[PDB]
Undergrad: 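As an example, take this structure containing fosmidomycin.
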Amino acid sequence: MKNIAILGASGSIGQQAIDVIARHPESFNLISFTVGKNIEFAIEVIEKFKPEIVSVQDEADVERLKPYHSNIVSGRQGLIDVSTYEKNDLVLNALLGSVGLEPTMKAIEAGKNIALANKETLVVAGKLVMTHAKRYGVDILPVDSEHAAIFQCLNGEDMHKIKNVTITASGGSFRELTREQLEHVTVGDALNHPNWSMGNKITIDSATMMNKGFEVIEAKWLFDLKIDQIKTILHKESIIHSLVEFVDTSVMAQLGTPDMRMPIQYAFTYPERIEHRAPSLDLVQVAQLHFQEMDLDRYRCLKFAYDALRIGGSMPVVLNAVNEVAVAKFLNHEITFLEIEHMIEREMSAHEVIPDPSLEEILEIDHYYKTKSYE
Amino acid sequence: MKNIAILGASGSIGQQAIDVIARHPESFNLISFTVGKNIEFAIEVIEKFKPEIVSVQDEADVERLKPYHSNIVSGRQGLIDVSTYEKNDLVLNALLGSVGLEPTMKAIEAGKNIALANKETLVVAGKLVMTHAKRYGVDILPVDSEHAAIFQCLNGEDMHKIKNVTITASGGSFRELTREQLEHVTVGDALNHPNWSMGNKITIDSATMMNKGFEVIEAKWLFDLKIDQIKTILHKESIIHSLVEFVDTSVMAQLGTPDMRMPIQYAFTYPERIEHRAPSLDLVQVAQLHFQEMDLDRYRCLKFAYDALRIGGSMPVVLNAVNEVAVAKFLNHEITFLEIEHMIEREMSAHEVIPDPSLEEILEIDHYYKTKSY
Ligand SMILES: O=CN(O)CCCP(=O)(O)O
Ligand SMILES: O=CN(O)CCCP(=O)(O)O
């Protein structure tokens with residue numbers, strides 16, 4: 001048996017990881033998990049999976065759960081408790097935004113392997129989080145279409161012989177608009193995403209191209225690449241999930257239907273793969289696959305991400321913190337769509353960067369930008 | 001450092017590998033090489049690399065190369081001593097035809113890693129060379145954009161967990177035509193394809209899809225496959241060279257330029273890779289990749305290889321030898337295009353079928369069908 005911890009269990013990635021657990025009672029177990037605010041979901045999981053400890057993200061909800069369960073934690077500590085439980089053999093982080101940083105930190109400290117779906121952990125503190133993995137003898141296991149993809153293409157490969165990697169972008173809801181028309185998009189239209197869903201924050205990030213920019217950074221720390229090693233390309237159908245090129249011009253791609261359970265389960269069964277009872281990718285049905293050169297004028301958020309990469313230090317913490325606040329304000333009909341872009345540029349032009357932020361200053365800056373006034 | 005040996009050196013592939021040796025003096029030297037035919041090329045290749053043993057076709061030619069160094073051989077035995085030169089570390093078998101079979105086999109026994117550029121040996125002696133390769137503790141690598149893909153896809157994986165394999169197809173010169181319009185086809189419109197480069201025999205195989213039939217049979221033995229795996233798809237751009245799917249549903253693939261210096265050089269370096277100075281694959285310039293189902297009514301030649309595979313034994317040897325003569329004759333205007341599909345079909349249906357041939361059966365069954373009357 002492997003004992004699995006799910007951090008973001010009430011989310012898209014978390015749900016899909018519970019199905020995987022529900023498709024393999026023989027090899028997996030759900031030992032601990034975390035929700036936020038979807039308490040009905042928690043009761044369903046507790047009455048099916050028999051987990052030992054559950055954490056809510058708000059204390060008032062503890063006693064809605066206390067009949068069904070006895071070991072109920074809550075809040076900030078409730079996260080570390082569920083990610084550091086000693087019966088944990090593997091921790092899956094499906095939290096969004098930097099809320100997930102601190103628990104993987106404390107989980108690593110406890111010598112526990114990490115399947116990492118939470119992107120911004122590596123965006124705000126990649127290099128901090130990696131050099132912590134070495135030193136505790138724990139590995140970081142990507143669970144994210146684009147990065148699970150790169151990962152499998154490197155099996156039996158010397159990472160030293162990578163020329164570049166290319167990360168594929170679907171282009172989000174507004175891929176067939178020019179900025180001119182973007183003055184006119186509603187929240188409803190932004191939420192109607194092409195290829196996956198995945199929840200609302202990822203859907204807007206995908207339309208902003210922040211999602212890919214976050215992943216170009218995550219990829220720099222996973223695979224130890226340079227800025228010129230990271231390319232992007234626009235792939236409408238989202239079949240090819242990424243591709244790496246080696247110094248001998250051989251190029252490797254991984255393919256699938258936009259379904260997250262495969263990368264999740266491989267991150268549970270590495271380096272063995274086991275059967276996944278689901279329809280296979282039928283290249284004959286898809287008929288054709290498109291590729292267009294990335295446009296950095298149409299998606300300036302991907303240019304900011306590159307810029308947060310080449311400045312370094314604490315600039316990535318700001319790009320993430322303000323994006324978290326800009327996307328929330330957009331979904332609450334507080335700002336317009338192109339506002340997300342302009343909000344981000346401001347705080348970055350002003351940021352006084354810290355070269356090698358420790359954890360506490362990273363969590364500091366992130367707090368400053370999430371509670372600052374945007375007027 | 002590795003000392004390489006090339007058997008079909010005057011050949012198209014043997015020369016591209018000579019370049020792949022010449023770009024990397026830090027990793028390769030050519031220690032021994034074989035040539036029949038072209039004696040000129042030998043002298044230009046002796047002067048550069050000064051290798052330690054040579055073979056010619058005809059002992060008649062032995063005399064012209066006495067003055068350029070000492071250790072020269074010829075004939076059937078000639079091929080063997082350069083195959084099993086104890087200074088070789090990897091031996092590239094580049095001579096197309098039934099001549100490739102025995103040299104390879106003796107090189108396996110001398111314990112030499114083999115690079116297989118001869119499509120013949122694994123269509124015709126698959127179970128043989130493979131069981132012997134496992135017997136003598138040596139691996140067969142592929143130069144071949146198709147099988148070098150599979151090799152790179154499975155690198156770092158448990159072959160036990162393969163679902164399918166899918167080799168990719170361009171469809172030859174007549175992809176856009178129907179078997180009805182191919183009553184009107186000529187030898188000149190058969191060769192209007194990018195495979196035109198040393199494709200005289202290979203373009204025809206591409207036009208009839210014998211070419212990929214041949215590689216599903218090689219795949220079956222090289223990667224220990226069952227027939228229900230090994231699928232095939234029409235991919236017009238020929239950028240994706242092959243797909244592998246695992247029991248978890250994941251799908252790997254290798255994509256590339258149409259440059260055979262790439263697999264050649266990967267073959268040489270097997271676990272390693274190392275720098276190949278050519279233009280990379282720009283995916284934004286080939287805007288799309290197309291994918292149509294394989295139609296076995298439309299390419300009866302492809303069913304014929306799945307047929308030869310379904311039976312086993314000596315039946316694949318009949319396929320290679322007859323397709324050889326039927327393709328050869330079509331080019332001499334002795335035979336019309338659709339006949340190749342018929343000429344093979346008749347001989348196949350009539351063939352007697354030996355269950356587990358040995359080398360000499362295989363060689364004799366090959367000779368008879370190449371030289372009989374049609
Ligand atoms: O793990 C999945 N994603 O990060 C979403 C990929 C979609 P896109 O590049 O359009 O956002
Ligand atoms: O061995 C020959 N080839 O790999 C040439 C590929 C062209 P085809 O795709 O139609 O087989």
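Below, chains carry the letters A, B, ... as their sequence lines are ordered, and counting in each starts from 1. The figures here come from the full heavy-atom set of this structure, side chains too, leaving out hydrogens, waters and symmetry mates. Order of listing sets the numbers, starting from 1, for every ligand and every atom in it.
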Undergrad: I'd love to know the main binding partner of fosmidomycin (ligand 2) in this entry - how is it named in the PDB entry?
TA: 1-deoxy-D-xylulose 5-phosphate reductoisomerase
Undergrad: Give, by letter, every other chain that has a heavy atom closer than 4.0 Å to fosmidomycin (ligand 2).
TA: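 Based on heavy atoms, that gives B.
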Undergrad: Help me out: which organism is listed for chain B in the entry?
TA: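 The entry lists the source of chain B as Staphylococcus schleiferi.
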Undergrad: Which residues in other chains are near fosmidomycin (ligand 2), meaning a non-hydrogen atom under 4.0 Å away?
TA: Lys119(B), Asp144(B), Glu146(B), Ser170(B), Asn195(B), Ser206(B), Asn211(B), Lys212(B), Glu215(B)
